[PDB]
Amino acid sequence: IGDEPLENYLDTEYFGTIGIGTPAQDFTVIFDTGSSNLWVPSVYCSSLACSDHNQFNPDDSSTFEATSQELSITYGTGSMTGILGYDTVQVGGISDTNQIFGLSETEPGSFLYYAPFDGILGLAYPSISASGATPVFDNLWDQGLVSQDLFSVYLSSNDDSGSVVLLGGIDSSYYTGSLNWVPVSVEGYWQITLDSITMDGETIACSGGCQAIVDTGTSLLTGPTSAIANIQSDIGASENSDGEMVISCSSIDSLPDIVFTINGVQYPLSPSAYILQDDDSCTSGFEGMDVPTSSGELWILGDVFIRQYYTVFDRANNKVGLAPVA
Ligand SMILES: CC(C)(C)NC(=O)[C@@H]1C[C@@H]2CCCC[C@@H]2CN1C[C@@H](O)[C@H](Cc1ccccc1)NC(=O)[C@H](CC(N)=O)NC(=O)c1ccc2ccccc2n1
């Protein structure tokens, strides 16, 4: 069982350190359950974002193996192109030998330039991995480096330390009650069916159900634009002249919970969860973002949600487990 500590950066980004190569070259990466590739910047990249982050240098590792397979990934925000290579990846105390990963060659645009972290470590299914690159957790399982085919995630609140990804285990001290298991509706993302979103026992979005993903790599709780506007209206949020969904810090205390029903079970978020506070600057924890799929538009249950619920991602089962944080 491997234990990867995560830094909680401003309750907005959670990343941990990994080593790549021999000897290990270190990188910070988002542990991202909404994607499946591992990549880091490399010395082959001249983009601005590569210039202000740690760069992998294959010529300094005795265990690197080149490939000629190319890689291209577009995220919600940010994108990269690169080349795949193999090396040993030290993650959560495990030596992940023979791990295929991306060496960036372009990282265009500005979001990544300002980001504290170097790269991304995807924890989703191989079906959404670009160039069909074996994801890290799949490689760990395939090599028998974890005995149970599952991992769990605790994300801390209030910028505290203690966030972790537990590779190959579940630690019950992080949660109250027993885990509620939710079947994966579509295997690619960790995608599940949301049954309803309610406030004061009135349904306010996702009438008749809707698809959602559990995504540690997304800060906010996102959903279709029109539905989110309604929610924002419902919690009394309004965009300021600077493009920021502002809310009076007094509402944290007046407002009711917003309840997510998942596999027939209620998962409330109190105002203190769905409203972000920073010394009398309070923004909405909801953000409108349209994510079209075959099935339907996706909701994203990001860090706003995950901070409240210890999450188990079970590949043996194809289930997500949830329970309220301790
Ligand atoms: C959703 C949003 C608020 C924009 N947040 C993010 O995107 C953060 C931003 C972070 C900083 C920069 C680098 C990426 C990380 C991780 N991501 C979360 C990350 O978990 C994100 C969640 C997501 C899923 C689907 C659609 C959009 C967004 N996943 C992704 O972005 C995955 C990555 C992949 N190729 O597998 N991308 C897609 O699934 C993707 C992107 C663009 C598309 C355009 C047309 C058709 C299909 C498309 N699919």
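Chain A residue numbers are taken from the PDB entry; in order, the displayed residues are 1-326. How was it done? The header gives X-ray crystallography, 1.9 Å. Every heavy atom of this structure was used, including side-chain atoms; hydrogens, water molecules and symmetry mates were not. Both counts, for ligands and for their atoms, begin at 1 and track the order of listing.
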*Asks:* Which drug molecule is found at ligand 1 in this structure?
*Replies:* saquinavir
*Asks:* I'm curious which macromolecule has the most heavy-atom contacts with saquinavir (ligand 1) - what does UniProt call it?
*Replies:* Pepsin A
*Asks:* Hey, is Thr33 touching saquinavir (ligand 1) through its side chain, its backbone, both or neither, going by heavy atoms under 4.0 Å?
*Replies:* neither
*Asks:* Any non-hydrogen atom of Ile30 lying under 4.0 Å from saquinavir (ligand 1)?
*Replies:* no
*Asks:* Less than 4.0 Å between atom 9 (C) of saquinavir (ligand 1) and some protein heavy atom, yes or no?
*Replies:* yes
*Asks:* What residue and heavy atom of the protein are closest to atom 2 (C) of saquinavir (ligand 1), and at what distance?
*Replies:*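 Answer for atom 2 (C) of saquinavir (ligand 1): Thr218 OG1, 4.3 Å.
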*Asks:* Identify which UniProt domain of chain A contributes most contacts to saquinavir (ligand 1).
*Replies:* Peptidase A1
*Asks:* Would you mind telling me if saquinavir (ligand 1) is within reach of the side chain of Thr77, the backbone, both or neither, using heavy atoms under 4.0 Å?
*Replies:*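 The part of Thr77 near saquinavir (ligand 1) is both the backbone and the side chain.
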*Asks:* Can you check whether a protein heavy atom sits less than 4.0 angstrom from atom 48 (C) of saquinavir (ligand 1)?
*Replies:* no
*Asks:* Mind figuring out which UniProt-annotated active-site residue of chain A lies closest to saquinavir (ligand 1)? I'd like the heavy-atom distance, to 1 Å.
*Replies:*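 The UniProt active-site residue closest by heavy-atom distance comes out as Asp32, 2 Å.
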*Asks:* What makes up the binding site of saquinavir (ligand 1) if contacts are defined by heavy atoms under 4.0 Å?
*Replies:*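 Counting heavy atoms, it is made of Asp32, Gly34, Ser35, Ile73, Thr74, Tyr75, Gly76, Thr77, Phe111, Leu112, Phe117, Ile128, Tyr189, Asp215, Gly217, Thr218, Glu287, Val291, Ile300.
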